[PDB]
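Here we have a structure that includes ribavirin monophosphate.
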Amino acid sequence: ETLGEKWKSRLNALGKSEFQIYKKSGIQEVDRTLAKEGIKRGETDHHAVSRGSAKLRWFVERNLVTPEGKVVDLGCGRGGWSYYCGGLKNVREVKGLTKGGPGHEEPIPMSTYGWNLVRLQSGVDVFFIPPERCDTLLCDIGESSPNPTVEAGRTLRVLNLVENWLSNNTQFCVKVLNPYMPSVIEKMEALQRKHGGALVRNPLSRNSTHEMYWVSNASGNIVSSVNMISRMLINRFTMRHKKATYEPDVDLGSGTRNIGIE
Ligand SMILES: Nc1ncnc2c1ncn2[C@@H]1O[C@H](CSCC[C@H](N)C(=O)O)[C@@H](O)[C@H]1O
Ligand SMILES: NC(=O)c1ncn([C@@H]2O[C@H](COP(=O)(O)O)[C@@H](O)[C@H]2O)n1
């Protein structure tokens, strides 16, 4: 029921080569080369396990999401979001959960700052476990599909999932894979009405996804928000100068935290 649908078809209609070029046109990138080589080498200090750490950092260093207390990371994969939160000031406990298993990102043990406050377990399907009480809820789940109706389903599953974990003034950051499909817009509107927050586009996301994140400390008419991104993604189809701007990767430190305010 929208304009992002025009974008998706155009996207799908791209040639393999055209596609790769577009996917990174004028986006923001994280310089991960050395971080990956160090990880591959067994290093467990400083490195982010994925570009997700840098991704979360962007929202956090802007107070769009303020992870505190018990943080639950739904679909932590390797744990970029979890290890990152494990080094943040007022965070006490970090629990990350994923499916893992062959053909899936499995959590990677690390000794980055606060790693001791972080527990990651795979072999978990978040959709069928009971909700635990938590102060901040993070969720980065959402598999992309060439078929926008398939994505719309996946998106809703996630929204319903999180609604079940959100309480009082729970802090949250949740990926909304396909925010432009009308059932997803409809649900988002309900949620926003019920828990506030807004949808925000992360400059680090690639042009090949219309993904937006529902963050707790931000507002803005949903529909308006998605169209903005839709127009933007379309504008980017036709670009002179398609370079990606890079930035150093995040450094996650290497110690253990003792907690206890003091
Ligand atoms: N039902 C489910 N239960 C648990 N994990 C799931 C799931 N469906 C998908 N996932 C997982 O969710 C992950 C999302 S990608 C993880 C990104 C992470 N924030 C990064 O920074 O490291 C995938 O690795 C996938 O295996
Ligand atoms: N035109 C192509 O050659 C091509 N390849 C992938 N895509 C679009 O982008 C989406 C996911 O992006 P990616 O495959 O992980 O980069 C797909 O689901 C599809 O809609 N398009």
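All chain A residue numbers match the PDB entry; in order, they span 7-268. Atoms within each ligand, like the ligands themselves, are counted from 1 in listed order. What you see below is based on every heavy atom in this structure, not just the backbone, and it leaves out hydrogens, waters and symmetry mates.
- Across the structure, ribavirin monophosphate can be traced to ligand 2.
- Here the macromolecule bound to ribavirin monophosphate with the most contacts is known in the PDB entry as Genome polyprotein.
- The set of residues with a heavy atom less than 4.0 Å from ribavirin monophosphate is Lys14, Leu17, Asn18, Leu20, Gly21, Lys22, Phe25, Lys29, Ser150, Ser151, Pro152, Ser214.
- Of all protein heavy atoms, the one closest to atom 11 (C) of ribavirin monophosphate is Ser150 OG, 3.0 Å.
- Annotation for ribavirin monophosphate: atoms under 4.0 Å from non-hydrogen atoms of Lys29 are 16 (O).
- Nearest protein neighbour of atom 1 (N) of ribavirin monophosphate, counting heavy atoms only, is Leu20 O, 2.6 Å.
- Protein heavy atom at the shortest distance from atom 7 (N) of ribavirin monophosphate is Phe25 CE1, 3.1 Å.
- Atom 20 (O) of ribavirin monophosphate has its closest protein heavy atom at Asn18 OD1, 2.7 Å.
- Residue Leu17 approaches ribavirin monophosphate through these ligand atoms, each under 4.0 Å from one of its heavy atoms: 1 (N), 8 (C), 9 (O), 21 (N).
- Of all atoms in ribavirin monophosphate, listed by their number and element, those nearer than 4.0 Å to a heavy atom of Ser151 are 18 (O).
- Here is the list of ribavirin monophosphate atoms found below 4.0 Å of a heavy atom in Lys14: 18 (O), 20 (O).
- The UniProt domain of chain A holding most residues in contact with ribavirin monophosphate is mRNA cap 0-1 NS5-type MT.
- This PDB entry assigns chain A to the organism Dengue virus 2 Puerto Rico/PR159-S1/1969.
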